[PDB]
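Structure, valsartan included.
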Amino acid sequence: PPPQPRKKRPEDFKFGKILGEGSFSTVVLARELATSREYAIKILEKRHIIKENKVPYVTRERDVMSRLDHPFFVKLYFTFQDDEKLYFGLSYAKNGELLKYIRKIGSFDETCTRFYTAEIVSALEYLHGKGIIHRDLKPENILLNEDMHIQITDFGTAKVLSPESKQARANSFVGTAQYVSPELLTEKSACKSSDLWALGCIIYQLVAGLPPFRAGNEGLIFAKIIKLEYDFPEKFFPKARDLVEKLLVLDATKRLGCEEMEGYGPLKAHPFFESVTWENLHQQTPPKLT
Ligand SMILES: CCCCC(=O)N(Cc1ccc(-c2ccccc2-c2nn[nH]n2)cc1)[C@H](C(=O)O)C(C)C
Ligand SMILES: CCCCC(=O)N(Cc1ccc(-c2ccccc2-c2nn[nH]n2)cc1)[C@H](C(=O)O)C(C)C
Ligand SMILES: CCCCC(=O)N(Cc1ccc(-c2ccccc2-c2nn[nH]n2)cc1)[C@H](C(=O)O)C(C)C
């Protein structure tokens, strides 16, 4: 086989605190003894994922993450298993979820909204260029590294579209109610443009402090999405409002940035992004949130 480092094993690490608990996974900070490097190790119990029919999501996460090579994504460095567990060695995003910052500060100023929006747009341009739909983009899945650059995660519900068939639509029903696109609800398929709908909701949330479609329960949220039933608060940055209006469009072929709208060029050219230097965002110093 191709030359590669020795496969790792649990005894190669000292495990420390739990960083997160999921319904079928747990993430633990670990130090690799031989290097002193720190990883976030996602651990899944084989019996549990077998019983709860989660193996396809686990295999999907490994397959999609292994294809990514870009600074705005959590990195999958290695995987291994033992008799009871599967292990993913991921980069550790020390500053946690973007959602945490929205909640603490209430909403972002225009400079920070623009910067973080531009990072997300650049990450989506990369993903869509590889024919990958995220399908569950939301602030909880946009992590922040030590330098406050984004690290998008949660690829177990992502989809690699088939280049051989020029596949544009994916059929699995996945996502989170507040960010799900109208085409997934009504046509039961998603496309790359479904991520641009989620982007619109995220920009709105950064400025307004709440996602645009919101209610106590999921069904009520769905009813608002399909009617495009939302409003802006009064002081919303005007160019950001124009951008959100060009993303939160019911017809998935009419969202700025989608292929039918001639792609990322026109989206990056939107007036909200006038000052952005798109070429090397990950090398730029992020603006301070407070
Ligand atoms: C190492 C974890 C357990 C893996 C394994 O070895 N197994 C379970 C299983 C389940 C689902 C899949 C799967 C993966 C991707 C896409 C679809 C599916 C799937 N498979 N069925 N429905 N969806 C693979 C393995 C055996 C088997 O089922 O082969 C059992 C006997 C323990
Ligand atoms: C409907 C597919 C059902 C499963 C199956 O049958 N497949 C895929 C697969 C993927 C992943 C695993 C897996 C997941 C977690 C941990 C270990 C494993 C694993 N992988 N190998 N052994 N265990 C298992 C099966 C065959 C194969 O893998 O070839 C298809 C492609 C014919
Ligand atoms: C049962 C191990 C032999 C199967 C094997 O070798 N492969 C399939 C594979 C690999 C890794 C996983 C996996 C998924 C989630 C978490 C950990 C692991 C894991 N298990 N062991 N290490 N990582 C599932 C299936 C290779 C590959 O598809 O990459 C082939 C191409 C050589």
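One-based numbering along the sequence shown. Just so you know, ligand 1 is whichever comes first in the structure, and atom 1 is the first atom listed for that ligand.
- Ranked by contacts, the top partner of valsartan (ligand 3) (the one with most) is named in the PDB entry as 3-phosphoinositide-dependent protein kinase 1.
- Measured on heavy atoms with a 4.0 Å cut-off, the binding site of valsartan (ligand 3) is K7, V58, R62, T79, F80, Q81, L86, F88.
- Per UniProt, the ATP-binding residues of chain A include none within 4.0 Å of valsartan (ligand 3) by heavy atom.
- What sits closest to atom 2 (C) of valsartan (ligand 3) on the protein, heavy atoms only, is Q81 NE2, 3.8 Å.
- Counting protein heavy atoms under 4.0 angstrom from atom 20 (N) of valsartan (ligand 3) gives one or more.
- Within a 4.0 Å radius of atom 11 (C) of valsartan (ligand 3), the protein has at least one heavy atom.
- Summary of contacts: the protein heavy atom closest to atom 23 (N) of valsartan (ligand 3) is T79 OG1, 2.7 Å.
- For atom 5 (C) of valsartan (ligand 3), no protein heavy-atom neighbour is found at a distance under 4.0 Å.
- Counting per UniProt domain, chain A has the most residues touching valsartan (ligand 3) in Protein kinase.
- The presence of a protein heavy atom under 4.0 Å from atom 29 (O) of valsartan (ligand 3) is confirmed.
- Given atom 8 (C) of valsartan (ligand 3), the protein heavy atom at minimum distance is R62 NH1, 4.6 Å.
- For atom 14 (C) of valsartan (ligand 3), a protein non-hydrogen atom is found at a distance below 4.0 Å.
- Among all protein heavy atoms, the one lying closest to atom 22 (N) of valsartan (ligand 3) is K7 NZ, 3.0 Å.
- In summary, the atoms of valsartan (ligand 3) found under 4.0 Å from a heavy atom of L86, numbered by their order in the structure, are 16 (C).
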